[PDB]
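Following: one structure in structure tokens, then a few remarks.
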Amino acid sequence: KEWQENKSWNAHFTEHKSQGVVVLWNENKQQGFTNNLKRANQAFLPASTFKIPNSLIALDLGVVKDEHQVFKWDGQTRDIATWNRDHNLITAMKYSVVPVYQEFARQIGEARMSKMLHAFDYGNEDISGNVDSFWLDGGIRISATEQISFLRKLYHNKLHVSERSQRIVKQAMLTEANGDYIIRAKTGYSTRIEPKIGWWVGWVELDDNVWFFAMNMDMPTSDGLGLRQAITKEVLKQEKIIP
Amino acid sequence: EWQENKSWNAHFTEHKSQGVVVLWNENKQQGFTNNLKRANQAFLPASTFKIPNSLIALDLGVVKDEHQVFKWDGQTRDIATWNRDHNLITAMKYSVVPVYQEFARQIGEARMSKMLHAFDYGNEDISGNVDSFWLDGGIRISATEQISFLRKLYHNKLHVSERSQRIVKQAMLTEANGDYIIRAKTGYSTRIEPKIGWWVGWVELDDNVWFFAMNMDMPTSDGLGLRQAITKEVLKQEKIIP
Ligand SMILES: *C(=O)[C@H]([C@@H](C)O)[C@H]1C[C@@H](SCC/N=C/N)C(C(=O)O)=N1
Ligand SMILES: *C(=O)[C@H]([C@@H](C)O)[C@H]1C[C@@H](SCC/N=C\N)C(C(=O)O)=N1
């Protein structure tokens, strides 16, 4: 009853002819739920979900002064139009602006990046590859359950970076809020290395509880990117976490 | 700097209401209102006072953080959401007066008076004890003075810790999606005429911030939804939100 398998959630994947895992962690009850215990512990490239620890490290080291500091567009036109403009940390997270985060990684450098991921206990802690692309096509690997462990430390300000760094990244993770819930989260789509997968990791703040979540799914084409959030919400709805 | 647009009066008249909306375009440093006179008239702050109260409680360590639980005193009050344990996030969301009265008592009148003066928040001539003055009319503030105060909080320029300001801005979170974030606080004042509703806060866009402060006559609790509805009709008219 610590970690419970609910195979009924597979219907939310099979409805879309898809396969994946959703992991939930009920913070008040200290109980975890997943449709697939094995896939819940399978490690993948973090892709854009790495923007969480990258943001934290950049802030703690003063590579990023605050969430208002402007990162000037380098004038190279890329396939994603929202990237071809100046950004701050809020918009860089919202639009997953890779080039901004690659520049952070170069200024952090390999020695500080490696040490800080070890201090974070982050996935396999392995930065092997390019200092500015290892989370896209390098050695780093993290499971859904390891995303939850990391996110629980961030939520509680327990990572070995400044409280201020943690509050700024949690602000930048803000995705959705209304009168029922707040979602702080980060999407990712890993396409450089097989298998192509989509992530959504974060948490749902309720009045008197927090539900952490980490989901990934097979994403052979960009068609189904909306399924990351739609399937997670169908699970949260089934479990009565959100109306 | 401050422009009167009487066309926004229609957003009030359509609902047989009277009030003021003030907008502040942060990038352009320009303000807009339907009524310059009312924009500068001071009203009881009611629950909008929970912003400075929260800041002072955090800065002094009366509130440790936004997770600290304030236990229900077991007395049933007529707002059901009050009758339960709260933290700073839910105390703000549900405007839990008794929690804020206890903060005020621990802050004490000397520290409360000094901190409100440093904030430039409301009239300097405050009558009433520390747990009642903001409820009973010892303090008043205008829509334009709400904007000035909110702009200082947004920029972490108030004379409290940066941390205190970030925690209150987190607690002000009201609505967010892919188009905008609203950080704001509702108020409803019924102790002294005119009974009024407030909504003060801001709209964070990708590339700008629009500060807002609205109050309106609220003769019954039936109209409380109009505080947000009228503000959003104005934000929609000005193309600030879709
Ligand atoms: C992060 O995981 C991604 C980065 C590494 O490219 C971004 C890219 C988008 S998918 C939209 C790209 N269009 C494809 N045709 C993304 C996401 O939606 O999660 N994260
Ligand atoms: C803030 O403006 C408060 C919320 C609930 O609207 C409001 C509560 C009252 S005291 C309790 C009144 N009793 C029944 N509702 C209050 C005030 O007096 O300033 N503000």
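Chain IDs: alphabetical, in sequence-line order. We number chain A the same way the PDB entry does; the residues here are 23-265, in that order. Note that chain B is numbered according to the PDB entry, with residues 24-265 shown in order. Recorded method is X-ray crystallography, 1.8 Å. Note that ligands are numbered from 1 as they come in the structure, with each ligand's atoms numbered from 1 the same way. Any value given below was found using the heavy atoms of this structure, including those in side chains, with hydrogens, waters and symmetry copies removed.
- Most-contacted chain for ligand 2 in this structure, per the PDB entry: Beta-lactamase.
- Located at ligand 2, the drug is listed as imipenem (bound form).
- Other chains with any heavy atom closer than 4.0 Å to imipenem (bound form, ligand 2): B.
- Residue contacts with imipenem (bound form, ligand 2) leave out B/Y123, since none of its heavy atoms falls under 4.0 Å from the ligand.
- Residue B/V120 has at least one heavy-atom neighbour below 4.0 Å for each of these atoms of imipenem (bound form, ligand 2): 8 (C), 10 (S).
- For atom 14 (C) of imipenem (bound form, ligand 2), the closest non-hydrogen atom on the protein side is B/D101 OD1, 3.1 Å.
- Numbered from 1 in the order shown, with element, the atoms of imipenem (bound form, ligand 2) that lie under 4.0 Å from a heavy atom of B/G210 read 2 (O).
- Contacts between B/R214 and imipenem (bound form, ligand 2) below 4.0 angstrom, taking non-hydrogen atoms only, involve the side chain exclusively.
- Imipenem (bound form, ligand 2) has a nitrogen or oxygen under 3.5 angstrom from a nitrogen or oxygen of B/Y211.
- Summarising the contacts of atom 5 (C) of imipenem (bound form, ligand 2) with B/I102, B/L247, B/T71, the nearest heavy atom is found in B/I102.
- Shown here, atom 12 (C) of imipenem (bound form, ligand 2) is out of close reach of the protein: none of its heavy atoms lies under 4.0 Å off.
- Considering backbone and side-chain atoms together, B/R250 places no N or O closer than 3.5 Å to any N or O of imipenem (bound form, ligand 2).
- Here a covalent bond ties imipenem (bound form, ligand 2) to B/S70 OG.
- Below 4.0 Å from some heavy atom of B/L158 lie the following atoms of imipenem (bound form, ligand 2), by number and element: 17 (C), 18 (O), 19 (O).
- Scanning the protein for heavy atoms near atom 1 (C) of imipenem (bound form, ligand 2), the closest one is B/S70 OG, 1.4 Å.
- Polar contact with imipenem (bound form, ligand 2): absent for B/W105 (N/O pair, distance under 3.5 Å).
- The 4.0 Å heavy-atom shell around imipenem (bound form, ligand 2) contains B/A69, B/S70, B/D101, B/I102, B/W105, B/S118, B/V120, B/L158, B/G210, B/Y211, B/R214.
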Would you tabulate the polar-atom pairs, meaning N/O of imipenem (bound form, ligand 2) against N/O of the protein, with distances under 3.5 Å, reported to 0.1 Å?
unit_1                          : atom_1 : unit_2 : atom_2 : d
imipenem (bound form, ligand 2) : 2 (O)  : B/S70  : N      : 2.9
imipenem (bound form, ligand 2) : 2 (O)  : B/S70  : OG     : 2.3
imipenem (bound form, ligand 2) : 2 (O)  : B/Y211 : N      : 2.8
imipenem (bound form, ligand 2) : 2 (O)  : B/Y211 : O      : 3.4
imipenem (bound form, ligand 2) : 18 (O) : B/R214 : NE     : 2.9
imipenem (bound form, ligand 2) : 18 (O) : B/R214 : NH2    : 3.2
imipenem (bound form, ligand 2) : 20 (N) : B/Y211 : O      : 3.3

